[PDB]
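Naming: A, B, ... by sequence-line order, numbering from 1 per chain. Excluded from the calculations below are hydrogen atoms, water molecules and symmetry mates; all remaining heavy atoms, backbone and side chain alike, are included. Per the header of the entry, the method used was electron microscopy, 2.2 Å. Just follow the structure's listing: the first ligand is 1, and inside any ligand the first atom is 1.
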Amino acid sequence: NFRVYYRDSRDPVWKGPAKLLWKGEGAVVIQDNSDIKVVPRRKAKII
Amino acid sequence: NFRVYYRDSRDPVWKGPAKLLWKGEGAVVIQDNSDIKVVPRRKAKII
Amino acid sequence: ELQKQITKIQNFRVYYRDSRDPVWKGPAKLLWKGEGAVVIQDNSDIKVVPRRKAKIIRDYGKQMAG
Amino acid sequence: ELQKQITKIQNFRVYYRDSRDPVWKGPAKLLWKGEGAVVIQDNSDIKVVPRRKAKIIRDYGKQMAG
Amino acid sequence: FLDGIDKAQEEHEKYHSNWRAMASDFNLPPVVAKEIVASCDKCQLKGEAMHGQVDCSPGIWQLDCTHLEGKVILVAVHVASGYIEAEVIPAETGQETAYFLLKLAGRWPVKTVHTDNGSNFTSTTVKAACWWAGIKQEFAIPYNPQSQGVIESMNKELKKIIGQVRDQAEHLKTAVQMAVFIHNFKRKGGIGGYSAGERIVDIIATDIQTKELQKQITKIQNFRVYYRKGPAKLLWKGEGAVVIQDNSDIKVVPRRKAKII
Amino acid sequence: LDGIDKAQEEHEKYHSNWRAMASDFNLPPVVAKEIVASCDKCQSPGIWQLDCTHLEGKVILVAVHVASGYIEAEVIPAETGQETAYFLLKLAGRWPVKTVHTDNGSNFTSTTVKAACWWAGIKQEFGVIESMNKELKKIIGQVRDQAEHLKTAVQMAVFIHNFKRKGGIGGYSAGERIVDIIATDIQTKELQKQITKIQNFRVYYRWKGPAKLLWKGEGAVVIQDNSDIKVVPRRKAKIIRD
Amino acid sequence: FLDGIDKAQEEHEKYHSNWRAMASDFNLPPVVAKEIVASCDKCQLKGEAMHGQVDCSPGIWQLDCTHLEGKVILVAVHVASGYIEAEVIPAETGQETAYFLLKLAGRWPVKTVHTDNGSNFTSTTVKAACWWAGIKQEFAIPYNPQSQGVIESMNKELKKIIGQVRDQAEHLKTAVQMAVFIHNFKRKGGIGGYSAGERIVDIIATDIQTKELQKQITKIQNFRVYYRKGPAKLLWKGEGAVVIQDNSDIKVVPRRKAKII
Amino acid sequence: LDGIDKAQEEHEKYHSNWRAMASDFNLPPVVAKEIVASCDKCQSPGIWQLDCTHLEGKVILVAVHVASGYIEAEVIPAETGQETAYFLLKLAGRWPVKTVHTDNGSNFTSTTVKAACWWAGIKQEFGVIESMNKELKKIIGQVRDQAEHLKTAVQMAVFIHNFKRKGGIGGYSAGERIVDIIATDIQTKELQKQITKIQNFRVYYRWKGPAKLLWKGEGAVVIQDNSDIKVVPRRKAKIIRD
DNA sequence: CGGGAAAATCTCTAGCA
DNA sequence: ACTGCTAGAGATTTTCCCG
DNA sequence: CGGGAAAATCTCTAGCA
DNA sequence: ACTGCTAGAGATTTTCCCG
Ligand SMILES: C[C@@H]1CCO[C@H]2Cn3cc(C(=O)NCc4ccc(F)cc4F)c(=O)c(O)c3C(=O)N12
Ligand SMILES: C[C@@H]1CCO[C@H]2Cn3cc(C(=O)NCc4ccc(F)cc4F)c(=O)c(O)c3C(=O)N12
Ligand SMILES: [Mg+2]
Ligand SMILES: [Mg+2]
Ligand SMILES: [Mg+2]
Ligand SMILES: [Mg+2]
Ligand SMILES: [Zn+2]
Ligand SMILES: [Zn+2]
């Protein structure tokens, strides 16, 4: 599995860790507390 | 001589042409209507 | 018949990018075109490129210039 | 006397930049230090560099590491 | 490193020293210190330094609203060519965005529209407009203007041209149409030295012609290729290399260890 | 290069145009153009007709690209010079309009429209448009129930005419035809630009008298001397500008 | 090109076509079209794509005010080392900026301060503070934060650390001092793998030591060099090259065509 | 390498420290440290004293770096634990403070101060500070007329003491001395780190028994075997980690 | 001299607001 | 006459270590 | 094959707000 | 499951043109 920490939407506070559902080129799809979110890779760190 | 067109201070409108008084690395000193101004080279075009 | 169509399709120029390179490569020669993939030859190198990363044209200026 | 002082001054490391390069060069050897200019040797190349573009130190870690 | 590690984590819990600091202060291998950092939730504060790339298929247009002199300008750009269409609208509403989109779809082959999540672009009216015109709707990740880098850059270029010619028109709408004219036909550059209008004509005509030519080629050239497998469909051959599509997987294989039947 | 004589023979036998000779015989377009222009026995894309129609008490201003059948139409609030000038500036921004054909109406002879034409470089000249108004009205009557407002129905009709209705020899839509025609016009303008660039050069080969320069290739130079085309090596000829 | 030029300028006056557009449309050399563009005042809308470089002399500090949780934080950074000093202040005033500056000058050898044109930094009180402490004042070009790239970047780093440790302190001032501690001594990196505190100590000690060593060398090594000229003062010799200073102009010349007397 | 025997002889004759042997004989600091530690007959920078003084009805909290004479002082609103903890956290952020010496006062034994010391890793222990309070008071009386408020005069006095007053053997200011002392401490810590890193390695050379590793050079390996230092080629020895 | 693993250098980004 | 920078993430290249 | 001049490619920036 | 880009200024490299 992977840990994803991310910045979602105009909120400077980094959140996580979220479960990595999908990694594309440019963006990732994650699940954090049952809330699926789409985050650009500029705004996420996958560990 | 040189023609200088420049953006001075938070004003999006480009002005000029101004007389080039001094060219340094990073900034230029110009005279426009007897008003000496210091402008970064990022905000000026010397012709 | 087939050879004329093939050379006609190879007359087209392809501009493209790689997945992690924002710069656009020079005009590569078009070999095959699909719905989602394009097959090109760039400097004696055959590359498959997704359709969303390829700009295909003719360049009329060169087709007139010979 | 003079030779000891000279080798001591050449033990110092110089980090510097060129007028149009934002990247910092590797540790060059210090040859002479002035008020506004520093003279360095970088890869068998003697360069004069303005004082405002030079960070001079020793790097204690290497002076202990030999 | 059991003692060194434990003293490191205690230091990190208080100060959150980076991996270099703990490695130096506690004689740890870089992997261990980086493990201590990576296992700290509060130290995960930066994403990878990269930029994605937006779709440039011949059918995608990017739409956005911009604002100038208190008015709203609806702007669309053909991503592949940079050809633009703009119009001043009295209000950012789904009705008039849908009308603009209907006009655009009636003038050019619009397959896909890519917009931010402004209420006008997410409106029910625009959804109905796209459905009738057969246009697929794509919405950027919210508050990520980079996903619209093309149209956002065109907003800058359009405003730039409007300022240049703003004094030859009394009204802003006339200046916007003048700027659209100048961009599409009086500015040459890019991948073919074309104007935007010339480039979009070339792109669309080339798409049509290549579709027809490849249709004829596939009608004539019908072969199956065995390499290394199954009867992969033949795509292209020559120059000692063969391009095949095996189970919707296009791959390039050399002429050796491959037979065309 | 090698096919110039074959192209000359084919043109003499069949009166072929330069495009056919260039495509079949692998020749640069300039050489084929010279061949086709060398015989005296062998001797539109920017034209639009603009008119206003009336429907349901509203004014619909229609533009037709004559060569292709492509239609640009929108409901306008009134039949005045200002709206006509705005529409024509829009069209000139979208497509390469060089000449507009109109019916000498009040909105078409206004000073605003003339100023717009002068700004966009459009030439004003005062039966296709009538038949196409009829066709657009037919499509509008077909798709009127799908919209509340007349303008939306008009744009649906424009979309349908340009892309969903196909006909002619090749069974193409209006949009395809206009794209092809504009591409051909672009090709013609590029060829003209290159011909203009090269026609100011003279070549001295083997020295013989000046000859018209046709092509400056990587391995040869194509020239026209005494109404005849000869291929000479680059190192055997000198090219000067007059 | 007299006809071609004139038709080009008439086109440019109306549309402001770029040099490529006029060159293609009017068969002009690139120089002529670029001349038409460059001679148009309204087309001069962009500056050169470059970035300057800020002074990094051992004595320069960059000061700025930042804002966090409704409070004011005065921040100073030693540019050469990245070592920082920060303090929460109740108001952006010249009085307390001058007090902060007096403390800093009393703790470290501050030769020059570089600030933006905020009223606190341009205040008469700060000018008097600098004059008594012998500190030269440098002010950025107004509304050019890039001239303060170092301190502005440090503002980001300091706020970043404050967020990390904000929960171990009740008050913001304690968190700011904790963040200053962490930055100066618990983060290693940069040109020597140093912490900021270690780096500033190295920089200052190295400056002192090099000054003393070069003073002794110049006291001992007193020579005049003739090359190619006048009696240029000798600076350094060896490895087949000689470094000299002729009339306050330091230049490097080879050992050949040079004599040391 | 070649100078190890000379360094051993010099150390035996003159009881020199490792710094002198390393500097004079061009040896790595670890080898000189081993030489100086090999003889039994041859056998501060982070210490600060903190105290409060009273002046004009205001509390001045003074910090003195014992080794150098460097002074950090500021007027504080009250002699409580909170202000002392804030000042000490400030100092720990500015300079590498490891131990603080105090007078067992109420503000120094407070839980806030102990918590600050625990956070910053400062060790608390309960005549230099008295004399330096006297000197600071003298400078304050010298420069009091130059300021309206006592805090500004105190900071002027701190500046003057640290940088304008010079003395001692070398005639250096307090700031120069503290910078030099901290640089020496940094050197010592780096040497200790490298010694700790290398002391876990054993070398088998020419095979002979394990030997302590001292230096791993580009052209040689320096080892210590049977209380004696020998230089062996890298290709003639194998280094393993135990 | 040859690969593999770790170290070092390099490339690029957000935020400073 | 003055001037983008910093430090972390991920990629790619050097160096070194045993054969 | 050798330099010089022009063309082409490359590097980097602000603004989109 | 999605994604920075564009075009102009200045620098540096290729190509070509006559010897
Ligand atoms: C009222 C004083 C006097 C004059 O001007 C204002 C406005 N200002 C604006 C920024 C700012 O825009 N930072 C973002 C940023 C952008 C680019 C970059 F390279 C570095 C950067 F930090 C500041 O940081 C700042 O301190 C001020 C300030 O103090 N003042
Ligand atoms: C209310 C809708 C819905 C949701 O979000 C807001 C806010 N927003 C913000 C920007 C903006 O920040 N542009 C500057 C920029 C920065 C970086 C980059 F790569 C490209 C850029 F254009 C827009 O352009 C924009 O259209 C919107 C918008 O429409 N909306
Ligand atoms: Mg928007
Ligand atoms: Mg936008
Ligand atoms: Mg500020
Ligand atoms: Mg700031
Ligand atoms: Zn942490
Ligand atoms: Zn212009």
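The drug candidate or drug found at ligand 1 is named dolutegravir. The main partner of dolutegravir (ligand 1) in this structure, judged by heavy-atom pairs under 4.5 Å and named as in UniProt, is Gag-Pol polyprotein.
Other chains with one or more heavy atoms under 4.0 Å from any atom of dolutegravir (ligand 1): G, I, J. Per the PDB, molecule name for DNA chain I: DNA (25-MER). Considering only non-hydrogen atoms, atom 30 (N) of dolutegravir (ligand 1) lies nearest to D116(G) out of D116(G), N144(G), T66(G), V75(G).
The dominant UniProt domain at the interface of chain G with dolutegravir (ligand 1) is Integrase catalytic.
Measured from dolutegravir (ligand 1), other ligands and ions fall under 4.0 Å in these cases: ligand 5 (magnesium ion), ligand 6 (magnesium ion).
For dolutegravir (ligand 1), the atoms closer than 4.0 angstrom to any heavy atom of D64(G) are 26 (O).
Contacts with dolutegravir (ligand 1) closer than 4.0 Å are made by backbone heavy atoms (N, CA, C, O) of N117(G) only, the side chain lying farther away. For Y143(G), no nitrogen or oxygen atom sits less than 3.5 Å from a nitrogen or oxygen atom of dolutegravir (ligand 1), counting backbone and side chain alike. Binding site of dolutegravir (ligand 1), heavy atoms within 4.0 Å: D64(G), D116(G), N117(G), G118(G), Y143(G), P145(G), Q146(G), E152(G), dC16(I), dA17(I), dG4(J).
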